[PDB]
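Next structure: contains novobiocin.
Order of the sequence lines sets the chain letters (A, B, ...), proteins ahead of strands, with each chain counted from 1. Both counts, for ligands and for their atoms, begin at 1 and track the order of listing.
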2 protein chains.
Amino acid sequence: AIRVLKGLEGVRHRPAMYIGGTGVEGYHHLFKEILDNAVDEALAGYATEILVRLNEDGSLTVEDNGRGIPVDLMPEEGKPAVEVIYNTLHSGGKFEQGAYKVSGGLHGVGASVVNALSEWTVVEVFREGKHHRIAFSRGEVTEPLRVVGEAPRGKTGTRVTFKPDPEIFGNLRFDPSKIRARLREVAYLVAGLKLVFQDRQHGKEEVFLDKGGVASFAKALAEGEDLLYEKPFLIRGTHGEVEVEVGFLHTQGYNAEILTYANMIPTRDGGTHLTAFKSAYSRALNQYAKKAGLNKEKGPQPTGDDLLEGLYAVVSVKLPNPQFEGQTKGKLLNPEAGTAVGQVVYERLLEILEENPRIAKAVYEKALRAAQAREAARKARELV
Amino acid sequence: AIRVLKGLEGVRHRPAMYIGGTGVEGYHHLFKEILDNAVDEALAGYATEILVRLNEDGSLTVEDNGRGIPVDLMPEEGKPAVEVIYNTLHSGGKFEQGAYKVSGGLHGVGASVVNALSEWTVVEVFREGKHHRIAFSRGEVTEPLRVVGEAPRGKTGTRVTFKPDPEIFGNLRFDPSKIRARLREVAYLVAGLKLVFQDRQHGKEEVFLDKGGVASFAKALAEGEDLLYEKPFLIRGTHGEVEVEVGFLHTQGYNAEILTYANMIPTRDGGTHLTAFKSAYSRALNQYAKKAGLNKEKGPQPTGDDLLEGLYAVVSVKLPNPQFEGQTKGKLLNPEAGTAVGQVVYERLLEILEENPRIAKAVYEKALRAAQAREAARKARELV
Ligand SMILES: CO[C@@H]1[C@@H](OC(N)=O)[C@@H](O)[C@H](Oc2ccc3c(O)c(NC(=O)c4ccc(O)c(CC=C(C)C)c4)c(=O)oc3c2C)OC1(C)C
Ligand SMILES: CO[C@@H]1[C@@H](OC(N)=O)[C@@H](O)[C@H](Oc2ccc3c(O)c(NC(=O)c4ccc(O)c(CC=C(C)C)c4)c(=O)oc3c2C)OC1(C)C
């Protein structure tokens, strides 16, 4: 009643162990992974454009502006690097270091997990003047690497096309809505990165590009809401090995929304970077306020929830060796991320507040009126 | 340049991909995994007592009185079964379907990841009248399996002793509090299971056992507050392949706490079981009220969030093939769980109210107070 599953065999034996489930969520994790492989080329500074296309046959194509996955032979394995990448469960090396990378995702490079769980996979590489092609199916090579033609231009890059295996996912098909949502997210987290979504079926096409990045992301969060000031603030900075990006904006409403990210993956339960943000923001507001005489009688302006009212913000950090609560996602634990965020946002917020006095007053003013409202509801509720 | 990592080599090459990080959380996941292996025997019905002892040298011993990991040879590999389970990255088969299992552990069986990340591991098996022993170090056999004597009093079971690899975690050491916390949780989730913690480093002892299960869990969740009744309700039932257990109590206070679990692991982001719980509870509560004539007309209408004030409950389900939203689990997606919790809870709850009309209307009126209190705070705030 027992056997050893070697390599990709294990992935097909227990798919849920690699993608959580075999439903709609798991189906799209394949898309996210291949997309993140492309996004990693952008993070490294080689890709500037990424195309995601839903083909009429249900398959999905992800093409990048990158270097193109290497096709030269790996001595130890006696096979092209691109073949090894998509056929071995876990491959690594120093190539994992030297640039920020998307965190979480599928086992190892993740690409081979997608291949194992796909009826067919086609990898095309434009590199060193040629257009290469290798085809797989459920983890195995069906068509060995070969040159199918010459590369145009100075065109280099990788184009991956795959179709999740119906033997595992049933009649599931890609959902344009979900694909667009992740593309919209990425464009925001990698400002300047152009991502195009093509849905051949409906002949639709949308471009996702935003130089404003996270600041724009913050405004996007307050879509149907009256803004306190139409221009969202952007805080950029680097501390140690951590790149920090924070964007925020206020609305005259009373709802809030703070999204946090670590290496391009949502961190629902926050972590060191989120706690460092709330803290730094609080430090800055209060400090500035006193200096400028915005506080009278020493009212209860803080209390955290008061400052959160009508606050829309996005905190994003990038760091090597990220540490998560468990299973590479959820809550960021790196203390250095906390120090980076706190450091970068505190100093910069002070400046932003000083050069934008009116706005600073309105937001601090809103915090006081929020505290009072809290007080009134408390007594009222503690009356009956 | 590229390196293919075969088997356990990949675990030591990149531990965070298997345990999330190499700090305190990752360290304890090793403990959680070995404990889960023992608990699986209890879930299968062959184990009643698990001992967890923190040794003075930092190693952790986990002993269960279950069947004992088999030691016969696996012809396909030419090694005893115990060896295979602890030294191969992924082994599986029909044994995975024997019964309910703890979900979301470490890769595959999980034990081999622990072994790979420990400077040493000793596995003792009491089976078929004999006491077997086999030792490992960083994923590899150091002392092959051998019989070291008779099984004392013919007992059967597995005793695992291991020490997380200092080269991976530095000077970190198991935290008794984290251990007791998980042991307490498990005692509640598997009512009747007895777990003993011996903290030799502090000469301590402690028993975790509670036939009250999830009901007691709800009670202890509300420790500190005055209850509306000190006897927790217990709803248990099986619908399809899903076993459900829900416990709940009410306090005179205003705070609330609802914990959910799927196959022994916390689902902080809810899922089908949670949604179904509140719907079944809400339907049974509002229907009973109408039936017994409690829905007055001279006031506000009780809604969600109103009937969950001062309500402490724990919703726990066990089912085969759990489906989560990939990630770090977080949300249960199986529609069968929802129908299971709904069916089982709704009906049983209906009888609870009819059998406790006193408490029944005491709960409804409490929802009424919360309704007005909620609208009193609204008025107050809109008044600013
Ligand atoms: C799924 O494959 C991904 C890539 O995905 C995409 N879409 O381009 C990308 O995320 C990243 O791609 C890399 C990662 C590292 C190098 C990299 O180190 C290069 N540098 C070299 O000089 C080089 C040249 C030839 C060669 O055989 C190797 C080692 C082989 C590798 C990295 C597969 C390296 C290079 O030219 O391309 C690279 C590329 C395209 O990592 C992979 C391979 C897992
Ligand atoms: C890390 O080991 C764990 C176990 O932990 C402990 N402490 O018991 C436990 O969680 C579960 O333990 C099982 C799981 C299934 C069977 C099981 O199916 C049994 N039934 C047999 O008749 C049997 C007899 C000989 C044999 O080689 C095998 C299959 C081999 C196995 C389960 C490793 C099965 C049995 O005797 O013991 C079993 C045991 C002890 O699964 C493991 C092996 C991954």
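Tracing novobiocin through the model gives ligands 1 and 2. What binds novobiocin (ligand 1) most in this entry is, by the naming of UniProt, DNA gyrase subunit B. Counting only non-hydrogen atoms, chains lying under 4.0 Å from novobiocin (ligand 1): A, B. Nearest protein heavy-atom contact of atom 28 (C) of novobiocin (ligand 1) is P70(A) CG, 3.8 Å. Polar contact check, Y86(A) against novobiocin (ligand 1): no nitrogen or oxygen pair lies under 3.5 Å apart. Summary of contacts: the protein heavy atom closest to atom 21 (C) of novobiocin (ligand 1) is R127(A) NH2, 4.5 Å.
Nearest protein heavy-atom neighbour of atom 38 (C) of novobiocin (ligand 1): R67(A) CZ, 3.6 Å.
Within the 4.0 angstrom cut-off, atom 19 (C) of novobiocin (ligand 1) has one or more protein heavy-atom neighbours. Geometrically, novobiocin (ligand 1) and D40(A) share no nitrogen or oxygen pair separated by less than 3.5 Å. At the shortest separation from atom 6 (C) of novobiocin (ligand 1) among protein heavy atoms lies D64(A) OD2, 3.5 Å. Residue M74(A) places every heavy atom at 4.0 Å or more from novobiocin (ligand 1). Novobiocin (ligand 1) does not have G110(A) within reach: every non-hydrogen atom of the residue lies 4.0 Å or more from it.
Protein heavy atom closest to atom 12 (O) of novobiocin (ligand 1), with residue, atom name and distance, is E41(A) OE2, 3.4 Å. Protein heavy atom nearest atom 29 (C) of novobiocin (ligand 1), with residue, atom name and distance: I2(B) CG1, 3.8 Å.
Contact annotation for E63(A) and novobiocin (ligand 1): no heavy atom of the residue comes within less than 4.0 Å of the ligand. Counting protein heavy atoms only, atom 44 (C) of novobiocin (ligand 1) is closest to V109(A) CG1, 3.7 Å. The set of residues with a heavy atom less than 4.0 Å from novobiocin (ligand 1) is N37(A), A38(A), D40(A), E41(A), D64(A), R67(A), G68(A), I69(A), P70(A), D72(A), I85(A), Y86(A), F95(A), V109(A), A111(A), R127(A), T158(A), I2(B).
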Atom pairs and distances, novobiocin (ligand 1) N/O vs protein N/O under 3.5 Å:
residue: novobiocin (ligand 1); atom: 5 (O); partner: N37(A); partner atom: O; Å: 3.4
residue: novobiocin (ligand 1); atom: 7 (N); partner: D64(A); partner atom: OD2; Å: 2.7
residue: novobiocin (ligand 1); atom: 8 (O); partner: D64(A); partner atom: OD2; Å: 3.4
residue: novobiocin (ligand 1); atom: 10 (O); partner: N37(A); partner atom: O; Å: 2.8
residue: novobiocin (ligand 1); atom: 12 (O); partner: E41(A); partner atom: OE2; Å: 3.4
residue: novobiocin (ligand 1); atom: 27 (O); partner: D72(A); partner atom: OD1; Å: 2.5
residue: novobiocin (ligand 1); atom: 27 (O); partner: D72(A); partner atom: OD2; Å: 3.1
residue: novobiocin (ligand 1); atom: 36 (O); partner: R127(A); partner atom: NH1; Å: 3.0
residue: novobiocin (ligand 1); atom: 36 (O); partner: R127(A); partner atom: NH2; Å: 2.9

